[PDB]
Amino acid sequence: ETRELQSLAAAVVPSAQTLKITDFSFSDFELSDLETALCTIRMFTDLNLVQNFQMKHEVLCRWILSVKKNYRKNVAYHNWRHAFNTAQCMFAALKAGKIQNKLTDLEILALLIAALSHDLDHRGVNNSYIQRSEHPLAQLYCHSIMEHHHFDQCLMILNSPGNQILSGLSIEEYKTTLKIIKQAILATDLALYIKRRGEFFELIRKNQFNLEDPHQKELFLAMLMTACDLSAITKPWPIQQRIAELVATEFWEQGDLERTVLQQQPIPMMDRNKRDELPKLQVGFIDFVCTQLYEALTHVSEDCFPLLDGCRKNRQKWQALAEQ
Ligand SMILES: CCCc1nn(C)c2c(=O)[nH]c(-c3cc(S(=O)(=O)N4CCN(C)CC4)ccc3OCC)nc12
Ligand SMILES: [Mg+2]
Ligand SMILES: [Zn+2]
């Protein structure tokens, strides 16, 4: 622990190119926990966030390890690896996808922090499950229960001694940054994505999209977050297939809880008896949620196409299995 920290602060950080983190095709699967922390340091560095905000090396390392530790290893999918991947998709969206110079430094700082923080202390279970099972977290919060908890955890970490990576900021810049972080985290609630999609899609469709407008900037950021959150849907096939079983593992565990705690029939997505239905379900997922989103991000930035390409290729593959 104090040893993992001394390991990390002493290590050489390889370049962005050596670590492959500018590729939309990036895979974490064969990296050690230590190597993922190294990648993260690089991400903060090449977005000019260490330089622009006076982050001490030792402090960023301690924060990165604090985050990593507050994810739950026993949770099939919503653990550190997902948080890390989400951040890597953000980093590629900013660098390879060229979103970077459409945003301010404060926004980028917020997004990257948010990407790594957005699922902190997840329990492998829904908002619905949390609500209906009367879990304590649903007395503190009445909408986006999990997402509000994730932000609270994030805030709690940014403010614990030795971990204050935002300390270089003025009271004004700090308040601004937290506000963006909160909105970014809240935006990773699929319900709120569905709720605001249509406005974003009409803006694109009528060629009225414009980042100069404060309201549209906010919207775009929310969309970006969803794009990164769902990004495993865009990876090469060996990766996507592997990641899908993890997500399914996580759902099936929830279905168990729903059968015993709530006494209801879990929905196919969530029933292990219909393990057979996974392909068809993934196709449905892609069609209803993902493709339209990556189609739009590609209108915002030509260079984000590889995300939509990846998504369409995974659709073909799942559809092939859906007919056996
Ligand atoms: C909170 C988890 C979001 C998510 N991440 N990832 C990687 C996936 C995924 O691969 N599949 C699904 C998924 C979504 C639907 S859904 O789009 O049909 N579902 C319908 C109802 N809405 C409200 C939510 C999504 C159905 C099946 C799924 O996976 C089974 C392996 N969700 C996620
Ligand atoms: Mg989430
Ligand atoms: Zn997530």
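Starting from 1, each residue takes its place in the sequence as its number. Basis for what follows: all heavy atoms, side chains included, without hydrogens, waters or symmetry-related copies. This entry, so its header tells us, was determined using X-ray crystallography, 2.9 Å. We count ligands from 1, going down the list as the structure has it; atoms in each ligand are counted the same way.
- In this structure, the drug found at ligand 1 is sildenafil.
- In this structure, no other ligands or ions lie under 4.0 Å from sildenafil.
- In this structure, residues within 4.0 Å of sildenafil (heavy atoms) are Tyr77, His78, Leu190, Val247, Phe251, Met269, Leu278, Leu281, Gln282, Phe285, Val289.
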